[PDB]
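Heads up: the structure comes next, in structure tokens.
Letters A, B, ... mirror the listed sequences (proteins, then strands); counts begin at 1. Cropped entry; intra-crop contacts only. Whatever order the structure lists them in is the order used to number ligands and atoms, beginning at 1.
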Amino acid sequence: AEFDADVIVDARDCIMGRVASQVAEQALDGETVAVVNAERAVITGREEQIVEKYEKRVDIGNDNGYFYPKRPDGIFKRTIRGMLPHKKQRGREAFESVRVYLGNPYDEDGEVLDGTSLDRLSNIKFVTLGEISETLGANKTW
Amino acid sequence: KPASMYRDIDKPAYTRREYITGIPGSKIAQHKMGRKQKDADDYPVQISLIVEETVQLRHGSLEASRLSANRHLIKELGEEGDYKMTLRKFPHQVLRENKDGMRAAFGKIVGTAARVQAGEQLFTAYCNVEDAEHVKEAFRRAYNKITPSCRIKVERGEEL
Amino acid sequence: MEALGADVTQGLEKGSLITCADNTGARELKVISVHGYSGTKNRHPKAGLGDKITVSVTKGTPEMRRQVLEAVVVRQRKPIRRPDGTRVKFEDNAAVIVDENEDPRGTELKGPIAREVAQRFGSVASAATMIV
Amino acid sequence: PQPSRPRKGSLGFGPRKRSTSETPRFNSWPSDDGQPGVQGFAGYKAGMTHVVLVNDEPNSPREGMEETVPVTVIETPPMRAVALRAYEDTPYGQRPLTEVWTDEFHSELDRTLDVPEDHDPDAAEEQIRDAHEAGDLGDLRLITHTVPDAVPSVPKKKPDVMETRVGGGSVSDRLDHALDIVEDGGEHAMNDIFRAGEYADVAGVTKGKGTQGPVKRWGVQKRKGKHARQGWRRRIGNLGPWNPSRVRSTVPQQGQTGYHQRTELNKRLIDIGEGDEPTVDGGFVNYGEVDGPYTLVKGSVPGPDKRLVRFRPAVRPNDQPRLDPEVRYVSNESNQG
Amino acid sequence: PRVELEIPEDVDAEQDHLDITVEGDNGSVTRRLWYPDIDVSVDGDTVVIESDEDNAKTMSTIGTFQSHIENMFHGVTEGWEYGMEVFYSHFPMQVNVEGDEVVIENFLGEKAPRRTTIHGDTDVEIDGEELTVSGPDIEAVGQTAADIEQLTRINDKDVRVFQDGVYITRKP
RNA sequence: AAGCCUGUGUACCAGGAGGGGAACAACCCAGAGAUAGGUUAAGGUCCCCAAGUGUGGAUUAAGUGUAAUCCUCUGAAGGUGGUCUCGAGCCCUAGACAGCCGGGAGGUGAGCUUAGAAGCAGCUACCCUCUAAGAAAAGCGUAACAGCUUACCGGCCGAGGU
RNA sequence: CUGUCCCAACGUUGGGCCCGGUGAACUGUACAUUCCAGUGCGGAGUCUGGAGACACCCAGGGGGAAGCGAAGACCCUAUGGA
RNA sequence: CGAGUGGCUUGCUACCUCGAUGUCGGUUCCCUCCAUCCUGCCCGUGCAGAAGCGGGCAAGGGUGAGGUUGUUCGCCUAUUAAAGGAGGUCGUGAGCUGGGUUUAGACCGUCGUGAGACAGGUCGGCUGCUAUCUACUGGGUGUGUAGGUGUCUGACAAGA
RNA sequence: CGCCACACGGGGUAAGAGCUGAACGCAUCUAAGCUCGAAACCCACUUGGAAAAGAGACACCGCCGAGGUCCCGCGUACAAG
Ligand SMILES: C=C[C@]1(C)C[C@@H](OC(=O)CSCCN(CC)CC)[C@]2(C)[C@H](C)CC[C@]3(CCC(=O)[C@H]32)[C@@H](C)[C@@H]1O
Ligand SMILES: [Cl-]
Ligand SMILES: [Cl-]
Ligand SMILES: [Cl-]
Ligand SMILES: [Cl-]
Ligand SMILES: [Cl-]
Ligand SMILES: [Cl-]
Ligand SMILES: [Cl-]
Ligand SMILES: [Mg+2]
Ligand SMILES: [Mg+2]
Ligand SMILES: [Mg+2]
Ligand SMILES: [Mg+2]
Ligand SMILES: [Mg+2]
Ligand SMILES: [Mg+2]
Ligand SMILES: [Mg+2]
Ligand SMILES: [Mg+2]
Ligand SMILES: [Mg+2]
Ligand SMILES: [Mg+2]
Ligand SMILES: [Mg+2]
Ligand SMILES: [Mg+2]
Ligand SMILES: [Mg+2]
Ligand SMILES: [Mg+2]
Ligand SMILES: [Mg+2]
Ligand SMILES: [Mg+2]
Ligand SMILES: [Mg+2]
Ligand SMILES: [Mg+2]
Ligand SMILES: [Mg+2]
Ligand code: NA
Ligand code: NA
Ligand code: NA
Ligand code: NA
Ligand code: NA
Ligand code: NA
Ligand code: NA
Ligand code: NA
Ligand code: NA
Ligand code: NA
Ligand code: NA
Ligand code: NA
Ligand code: NA
Ligand code: NA
Ligand code: NA
Ligand code: NA
Ligand code: NA
Ligand code: NA
Ligand code: NA
Ligand SMILES: [Sr+2]
Ligand SMILES: [Sr+2]
Ligand SMILES: [Sr+2]
Ligand SMILES: [Sr+2]
Ligand SMILES: [Sr+2]
Ligand SMILES: [Sr+2]
Ligand SMILES: [Sr+2]
Ligand SMILES: [Sr+2]
Ligand SMILES: [Sr+2]
Ligand SMILES: [Sr+2]
Ligand SMILES: [Sr+2]
Ligand SMILES: [Sr+2]
Ligand SMILES: [Sr+2]
Ligand SMILES: [Sr+2]
Ligand SMILES: [Sr+2]
Ligand SMILES: [Sr+2]
Ligand SMILES: [Sr+2]
Ligand SMILES: [Sr+2]
Ligand SMILES: [Sr+2]
Ligand SMILES: [Sr+2]
Ligand SMILES: [Sr+2]
Ligand SMILES: [Sr+2]
């Protein structure tokens, strides 16, 4: 409920890591970024291998723990954390001022940053984050 | 013993039999195969087996790759076919094996090997035009019993 | 196997000395194995009433002794449970020797039998004296 | 070569800690089939007695014969469905929306709750119908409560409140079915939801055993032989290997046993009746005299005599329903013999 | 490259995104044709499959899309026909069509019926010992025809002795 | 074989900071008084992280790879109609390659061997008519015939093919 | 012959746990909420990378601190002793 | 004949520890590996069926009880669906046992002039410590989230 | 040592059986596409779970009084708590 965002980004057909990297850069500049339509995000490569990597991360853990998100909600939020020094003062404040959403809780449409978008007519080998999440063990709530 | 121990050239030239004693004899029987009465110039084709990597092939690996290689030419062209195969290399490099501990490390004599440089012809066959695809197959079996990857080169033969 | 129509509490173990309720020349029988049973780590293989068990003759006639023959547990000391809730227990623990086709090695069987052994091993029942 | 053996105790009912609510809380509810109704009842455990029956199973050669079956006596007095709750389909799951409450409350319901004096049921009901029109309405559940004051053998008068799902028909016709029970007073007996001979699921918080050791807790071996006299009797071999240089949470250790919530599956209801037919001579041990609405549950039931148990139509049954069994004899003999 | 396909008089094909729907007197077949840099279009009455790239991998699909369109045309004109004949040796096998699924009973003496399912629109009709699978979508027909033969798969024993089951007789 | 033993030349560590290499005596830059401003080196410029989501072009579909050197970063013999670029001989609008159709004939079942063998068990030959083709039969098949094709000719088709 | 075992159960007494009083010691380079990998003199809570991690306290059984305790008795060495 | 993976055996090296990192075998208790003994689904057959043989996928679960021997290993019996193999300081002695190796006592055989010796045998022959830190099993008290009660949700977590 | 309860079915695959299908006019299970297929994977089910720092939602009650604590009598609880 309510988040005063400076920049609002649309993840629709946008290469995950590349978006995350620009969102991370901007978080450190002092911007309140909000990634929208995470379910409709994308990751390039063979579906079978992208799934194996993500399934392994769910199997990984011990008594100490290693919580890895299954929902496409948090998968984007954890990739952003992997580009931010989340264990420093500055890096925590920047990360906490970035929230990822499934769909769009706002009225304003999100922008598509340059270089992030994929051409579906030129590509066939990719996956949707929601397609990864149904394979991980989540409940389709989007 | 695995050829992995003797395939590389790292030991000095140890060939002088007037200093080395108790050397096991060659496992090889024939160096000149086929019809050794006829010349190599009486044949239109000269297809050789070229070694790509600089190795040291043992007399056992030589005998084995000569055997199943010549046995295909005896199988396909008969016991007295119109061919003549040749193994131009000879095993001179005497091998060792330490068999105690590392005290008195100089090993006793176990076998013999031939120093083959890269680009050289180990085997060289001289056949007829129709029997050529049988020899390119006698060499496909011969390179599987030696240590390196090989080239089958036609030195005389624009008949294709 | 075919249901007994009663819940048993396995009253025997492996190495257990039981009686041979027949005329085969076999007096005392010693349990070796329980046909079809697979246990757990650190457990003596338990036998109950109405179990085909592998046995060896302990006491008897010179020709019958030292033989490894199969048998069926006819009687036991530990209470078994009939469907009507009643418990039933016998005087001793006994068994009758049997063959490949599950027919008794003898002709006349000594002492009472249980009505639950009848359903399964009928060829022993149609040779039984008393049935309880 | 170290013989194999399955690990001691289950690793599914973890962690073995004390329960939060003594009142069982379901996490799974039945699928929607036919008629709209409530999906569960609740009562208080009374004790045990045996009952003789006629075998209902057509696959059994005992079909028609007398069979003695053990039965847990549980007093099940009528409950009051005091409210109706709605869930909106948020991307975060099923979050509650609003509740519709009554006017007529129980004289002693203010022993746990802050009883509403001024509530607006009408406009709250409108919000649920607008959410239904929108297409985001999830599952509809009723805030049920018990009447412990109805049971003379239970000292507690402070009502145990719990949520229960309504399902069976279309989302429209069941919202209305729920509202209809609420406007009256919410009075419903076991006859309303359960029929005798059906398979139910009894959920209950087990008997409290305090802190017990590995042998009792995880059923591990006592030290055997010579190893039993050296000063170690009920303590395990080791807490783990050299590396990993940490004790795993999977190793059988000491701790709290009992007072855990369990959901005992496929429990057959043998008879649902009223009066003093299942009561024992001298009364039930540490409970008392049963006279009134009850249920007869086959086998055992989690928890001690006096604790609240919950019923639900079996989510995973194996055998086909064999309604209303021929209950010939119910025992009355004293449990003090 | 570019390949222009002439659509017949009995046929009408419409486009919406990457989806091609072919309508005619035998039915309507909807398909999704997608691959990198290949674009399919309708130039009024001709189907054009064109891509800027000429690599073997692309040429593989341009070719496959042509046969997927050409065969959709035959689907809406004449239709697809697969002929099947039930075979039995000792056991009186019964193959009856029940609802949207073809069922086989008493196969090899089994109490349990072996039932498959009809894929899409496809019509499976029986004339005693014969069976004829027919329809516009070759994808559904060839699969419904296969599903029937494959339903009588026996891996447990020798198929040279146990030859019972429906087989494909006529391939279009 | 060794993060093995033992020489030699040399530089370095030991006794050498600082920079880079994720960490890491000896690998790369670099030899270094204090303070300060500036430009570089090795190395690096999507984020973590200072600097390009830089430019012209091709390849790769395996997450190959994103790993200078290394006990440390593997990967081999063999195999590949995965795919890309290049050259060579030969065939082709006098219609190639493939596919589908048609024809695939008689003297004559070659002869001998043999009770028999008639394209096709074996021995030896391997010959000529009609024609646009058609083997003394190349592969299956039959007790043998028969049957099915294969060489070979014609047609359909239409572009490169091998 | 039997609880040695199958297979563990209940009980008994003194402890153990809470309250008063009394009141030590072993050990302590420093820091120290860890875990998974890696690296390093090749056996790291402390280095690198990640993961995890709100603080304090009670009981516990002892996986780890190559735990504490003892300048290895083994082995070699010393131009050692008996 | 050739090419390799492994790190379970053995061997080599002497980097690590001699101001001590407790042995073997066993036991108890926990996590794991697959190079799969059984169980599931498959391919071939010298696949009629039946019981096999050989191969593929697959580590969820299982793989037990006993006789001799300290034995690991192994031989043996009977059951079984099968009675797989390996890693975790050859898992585990601030858990256990102490039968074997390896003290001081003694005997036999061999050698030795002799003291005495033996990678020959044999009998007897000890197992310390009150847990600071951390680790996990369970149990409380505070703070944060920012007045009280009751009912829930589900990011995640565990299971065979 | 007694007694009670502990799925079926789905979803996606592996090896594998196949369908449509091209590069390669044919053929071809595969290159694009698809139908099936393991005790194995996800779901189902059971247990934990507002400290999830995005530190949650609903209903009511109260902010000068809602509610809690002490206290008292005791257990469905219990080593202190
Ligand atoms: C005696 C040392 C013991 C207790 C045991 C020792 O074993 C030996 O040293 C061989 S002799 C053993 C018997 N010992 C008396 C106990 C003879 C003097 C043994 C197993 C090794 C072989 C040597 C190193 C070690 C510590 C690590 C280890 O495994 C120990 C020493 C330092 C330990 O203190
Ligand atoms: Cl975890
Ligand atoms: Cl950080
Ligand atoms: Cl693509
Ligand atoms: Cl046994
Ligand atoms: Cl023990
Ligand atoms: Cl200098
Ligand atoms: Cl990846
Ligand atoms: Mg044992
Ligand atoms: Mg009683
Ligand atoms: Mg009595
Ligand atoms: Mg068979
Ligand atoms: Mg020095
Ligand atoms: Mg930058
Ligand atoms: Mg790689
Ligand atoms: Mg000494
Ligand atoms: Mg002296
Ligand atoms: Mg010393
Ligand atoms: Mg230690
Ligand atoms: Mg495998
Ligand atoms: Mg496992
Ligand atoms: Mg060990
Ligand atoms: Mg230990
Ligand atoms: Mg000790
Ligand atoms: Mg001994
Ligand atoms: Mg001894
Ligand atoms: Mg101690
Ligand atoms: Na990617
Ligand atoms: Na995880
Ligand atoms: Na020596
Ligand atoms: Na003790
Ligand atoms: Na230890
Ligand atoms: Na120097
Ligand atoms: Na550095
Ligand atoms: Na990679
Ligand atoms: Na006792
Ligand atoms: Na410890
Ligand atoms: Na290796
Ligand atoms: Na080693
Ligand atoms: Na041990
Ligand atoms: Na397994
Ligand atoms: Na043994
Ligand atoms: Na050790
Ligand atoms: Na030990
Ligand atoms: Na000890
Ligand atoms: Na399946
Ligand atoms: Sr940037
Ligand atoms: Sr050398
Ligand atoms: Sr080779
Ligand atoms: Sr072990
Ligand atoms: Sr509930
Ligand atoms: Sr739940
Ligand atoms: Sr002791
Ligand atoms: Sr460690
Ligand atoms: Sr770029
Ligand atoms: Sr290393
Ligand atoms: Sr290669
Ligand atoms: Sr303690
Ligand atoms: Sr594997
Ligand atoms: Sr199998
Ligand atoms: Sr050993
Ligand atoms: Sr042995
Ligand atoms: Sr001893
Ligand atoms: Sr002595
Ligand atoms: Sr000795
Ligand atoms: Sr704070
Ligand atoms: Sr497949
Ligand atoms: Sr909270």
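- Drug identified at ligand 1: tiamulin.
- Ranked by contacts, the chain bound most extensively to tiamulin is, in the PDB entry, 23S ribosomal RNA.
- Other chains contributing a heavy atom less than 4.0 Å from an atom of tiamulin: G, H.
- The residues lying within 4.0 Å of tiamulin, counted on heavy atoms, are G/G72, G/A73, G/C74, H/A20, H/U21, H/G22, H/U23, H/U102.
- The search for other ligands and ions under 4.0 Å from tiamulin returns nothing.
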